[PDB]
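Quick note: numbers on chain A are straight from the PDB entry, i.e. 1-315, in order. For ligands, and for the atoms within them, numbers begin at 1 and follow the listed sequence. What's counted below: heavy atoms across the whole structure, side chains too, no hydrogens, waters or symmetry copies. Header says: X-ray crystallography, 1.6 Å.
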Amino acid sequence: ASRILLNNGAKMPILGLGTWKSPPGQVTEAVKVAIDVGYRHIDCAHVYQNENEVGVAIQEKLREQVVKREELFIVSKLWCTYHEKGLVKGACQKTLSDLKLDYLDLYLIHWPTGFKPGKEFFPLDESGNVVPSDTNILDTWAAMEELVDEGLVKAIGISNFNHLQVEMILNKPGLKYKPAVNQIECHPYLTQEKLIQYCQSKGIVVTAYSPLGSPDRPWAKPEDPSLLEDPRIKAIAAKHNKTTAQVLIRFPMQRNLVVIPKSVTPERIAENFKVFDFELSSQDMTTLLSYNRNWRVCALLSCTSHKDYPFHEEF
Ligand SMILES: NC(=O)c1ccc[n+]([C@@H]2O[C@H](COP(=O)([O-])OP(=O)(O)OC[C@H]3O[C@@H](n4cnc5c(N)ncnc54)[C@H](OP(=O)(O)O)[C@@H]3O)[C@@H](O)[C@H]2O)c1
Ligand SMILES: O=C(O)Cc1nn(Cc2nc3cc(C(F)(F)F)ccc3s2)c(=O)c2ccccc12
């Protein structure tokens, strides 16, 4: 089907629109187009600096009665400089005000690592190290549970948490709400079989980000591999008369994942949505899995000393 059941009882569309790097002056039309062609799930974050512009689109389509609020699945994330107990609600409310919403369908802890609070998203020390905060993921989680009890968010989850970090939450003394989602990087060069099996076995839905390999990531290098240009993946697309992006989106769907491709190009927003009329074979699926190379697009050097850095752990 087009939605997956979460452990809070709500249904989540398995295809959503990503918004990182979408320019503020193009994202409003991108989201309007996406809602017109069928998207019902938008992935957002405060740190993306465009939630106000995303919100304008949502509100105009609610106003035009193109969609009802209950049909939408809007996701945002708590940035690293707001992990303190005291700061979490205000951060949520700023995202709700920008998005012109009175609740979120899902709010995530964006990364396991807390950073010093302040105006800078990445506060650095004089030698370029991120300055941590002395907060821990368990008290931040409790702060997230309160947002559920206050009606601000319907579900809470995590992002970029490794298996020991998910387990820390699942084992939290006094845990009130389990995380509904873990949103992680996932594509054929980073297949994440171990972390996905762990999360699914715990009834945690996995959302796959950068499913096209984030070719617009700012730190991309020409020497970097390219999923969209991999002729083996092109061949599989060509077998099904689809584009490579369409194969790349359909692949996590058939692993019972949610996937959130980003685009601000209307033709591609539409193309990326036409992934419900074809299936990859089980053989196609194992072949795509075989391209794993443990290549990660999303990390940041300056954060690697943080005690809560998620990617030293194998998974
Ligand atoms: N939780 C987190 O830490 C985290 C981290 C990274 C990403 N995310 C979320 O995941 C979303 C998707 O990840 P991403 O933005 O890193 O990258 P992505 O979706 O893997 O790739 C986006 C790039 O692909 C291009 N593209 C889209 N559709 C295409 C198509 N059909 N054919 C060819 N190129 C196409 C886009 O170009 P145009 O836009 O120019 O069309 C853009 O340059 C993000 O936007 C964000 O919402 C979350
Ligand atoms: O975050 C987005 O959605 C995309 C994203 N990713 N990254 C790469 C990152 N790598 C990290 C590693 C840690 C770590 F936990 F490992 F310390 C913590 C935080 C980060 S940000 C960025 O630097 C970034 C900057 C602005 C807006 C979005 C992003």
Which compound out of zopolrestat, tinengotinib, rilpivirine, sitagliptin appears at ligand 2? zopolrestat
Give the name, as used in UniProt, of the chain with the most heavy-atom contacts to zopolrestat (ligand 2). Aldo-keto reductase family 1 member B1
Provide the binding site of zopolrestat (ligand 2) at 4.0 Å, counting non-hydrogen atoms only. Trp20, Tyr48, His110, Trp111, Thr113, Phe115, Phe122, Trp219, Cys298, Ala299, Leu300, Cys303, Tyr309, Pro310
State whether the shortest distance between N or O atoms of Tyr48 and N or O atoms of zopolrestat (ligand 2) falls below 3.5 angstrom. yes
Cross the UniProt NADP(+)-binding annotation of chain A with the residues having a heavy atom under 4.0 Å from zopolrestat (ligand 2), and give the overlap. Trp219
Mind telling me the UniProt active-site residue of chain A nearest zopolrestat (ligand 2), with the non-hydrogen distance to 1 Å? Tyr48, 3 Å
Could you check which UniProt substrate-binding residues of chain A come within less than 4.0 Å of zopolrestat (ligand 2), heavy atoms only? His110
Atom 10 (N) of zopolrestat (ligand 2): nearest protein contact (heavy atom, Å): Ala299 C, 3.3 Å
For atom 23 (O) of zopolrestat (ligand 2), closest protein heavy-atom neighbour: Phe122 CZ, 3.5 Å
Under 3.5 Å between some N or O of zopolrestat (ligand 2) and some N or O of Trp111? yes
Could you tell me, atom by atom, which parts of zopolrestat (ligand 2) come under 4.0 Å of a heavy atom of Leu300? 9 (C), 10 (N), 11 (C)
What atoms in zopolrestat (ligand 2) come closer than 4.0 Å to a heavy atom of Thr113? 14 (C), 15 (F), 17 (F), 18 (C)
State the atoms of zopolrestat (ligand 2), each with its element, that fall below the 4.0 Å cut-off from a heavy-atom position in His110. 1 (O), 2 (C), 3 (O)
Provide the number and name of each other ligand or ion under 4.0 Å from zopolrestat (ligand 2). ligand 1 (NADP nicotinamide-adenine-dinucleotide phosphate)
